[PDB]
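Counting from 1, the numbers follow the sequence of the chain as shown. We use all heavy atoms of the structure for the numbers below, so side chains are in, but hydrogens, waters and symmetry mates are not. When a ligand or atom number is given, it counts from 1 through the structure's own listing order. The header says X-ray crystallography, 1.5 Å.
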Amino acid sequence: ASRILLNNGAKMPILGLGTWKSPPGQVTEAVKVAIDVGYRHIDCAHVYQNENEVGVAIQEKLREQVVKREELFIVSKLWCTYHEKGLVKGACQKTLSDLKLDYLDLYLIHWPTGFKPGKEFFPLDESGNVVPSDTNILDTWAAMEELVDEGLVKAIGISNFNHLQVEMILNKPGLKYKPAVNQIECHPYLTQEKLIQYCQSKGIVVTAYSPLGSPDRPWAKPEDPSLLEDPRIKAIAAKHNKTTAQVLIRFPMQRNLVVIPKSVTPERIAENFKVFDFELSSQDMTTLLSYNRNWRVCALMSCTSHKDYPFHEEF
Ligand SMILES: NC(=O)c1ccc[n+]([C@@H]2O[C@H](COP(=O)([O-])OP(=O)(O)OC[C@H]3O[C@@H](n4cnc5c(N)ncnc54)[C@H](OP(=O)(O)O)[C@@H]3O)[C@@H](O)[C@H]2O)c1
Ligand SMILES: COc1ccc2c(C(=S)N(C)CC(=O)O)cccc2c1C(F)(F)F
């Protein structure tokens, strides 16, 4: 079952390619290979600084008649320094021009935290705390709604919103469109049962990021657990004659989640897609869930400071 029905009436492929930390010199090839082997969903963001190169790949495959625009599902995200209502369209418009698209299938508020606007993506004070902006997320939501009504994006959603924050959008006075997606970190060490159950109960689809535990994250520490090297997970892989990565991708799929593993390695790209020919047992699923430890790749300690920091609450 390759696509899930969103509350805007559209269908979203449950496997997409992530692009965070995909180097600009390699990500054009990575996205071309991904399209060639089956992927139809690419997860992007202005802050990754590689959307132009992603867009070159998309356009080449459109031009080559490999894929049709309607069959692709291209996602990007509104960076934190653009939460002011006056900046949202332009932020979107940049992303469209870079990806060489005239609409996005899905546009997310990347983080609940607005940052001070300017050329800096990560503005810090003379002590290093992130400098917030005085933007209310409801007002940012209203600006996202306008994008739908302008034809620039087919669906809007959120990312890294905790339960109170999703609830805040859903109770927005005058809410016109419900979020379609909440994109959050999720893997056997951070299983998110409460937030996921809450979102699904509201008709919001959850996308799972860092499903392999982001071994290329720049802040990796030796003492950090490692999904890909966890002997318990390797064993489950071995019982199904798949790799560990394949188990880690199949796992959210069986929880009715969308999942976006990143790779710029052609063999891994292809491997990561071969996840529709096997099923984890109920016991496997329960077992993988038992590994939870509230471990986050994206803990973002410099943001703990911010009003809307989403991870003070477990969910
Ligand atoms: N919205 C948010 O706040 C947010 C935050 C973080 C991430 N995300 C999205 O989620 C995507 C995925 O998360 P991530 O990039 O943090 O990490 P990830 O997908 O968990 O892991 C990426 C790492 O795993 C490696 N890898 C890929 N396939 C592998 C395989 N089959 N075997 C062994 N290693 C493999 C990649 O190496 P190579 O590339 O060298 O092959 C890379 O080092 C991102 O790229 C981004 O699109 C969203
Ligand atoms: C909301 O705060 C964020 C959000 C994202 C980041 C990232 C990024 S771009 N990611 C974790 C990837 C992603 O957000 O998709 C890198 C470094 C600091 C960040 C911070 C930080 F505040 F720590 F600066």
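In this structure, the drug found at ligand 2 is tolrestat. In this PDB structure, the PDB entry names the chief binding partner of tolrestat (ligand 2) as Aldose reductase. In this structure, residues within 4.0 Å of tolrestat (ligand 2) (heavy atoms) are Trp20, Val47, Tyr48, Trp79, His110, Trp111, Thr113, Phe115, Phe122, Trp219, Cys298, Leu300, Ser302, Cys303. Ranking protein heavy atoms by distance to atom 23 (F) of tolrestat (ligand 2), first place goes to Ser302 OG, 3.0 Å.
Residue, atom and distance of the protein heavy atom nearest to atom 24 (F) of tolrestat (ligand 2) are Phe122 CD2, 3.4 Å. Per the entry, the organism of origin for chain A is Homo sapiens.
Regarding atom 13 (C) of tolrestat (ligand 2), its nearest protein heavy-atom neighbour is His110 NE2, 3.3 Å.
Under a heavy-atom cut-off of 4.0 Å from tolrestat (ligand 2), the UniProt NADP(+)-binding residues of chain A that qualify: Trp219.
The overlap between the UniProt substrate-binding residues of chain A and the residues with a heavy atom under 4.0 Å from tolrestat (ligand 2) is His110. Here no covalent bond joins tolrestat (ligand 2) to a chain. For tolrestat (ligand 2), the atoms closer than 4.0 angstrom to any heavy atom of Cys298 are 11 (C).
The active-site residue of chain A per UniProt that lies nearest to tolrestat (ligand 2), with minimum heavy-atom distance rounded to 1 Å, is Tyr48, 3 Å. For atom 12 (C) of tolrestat (ligand 2), the nearest protein heavy atom (residue, atom name, distance) is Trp20 CE2, 3.3 Å.
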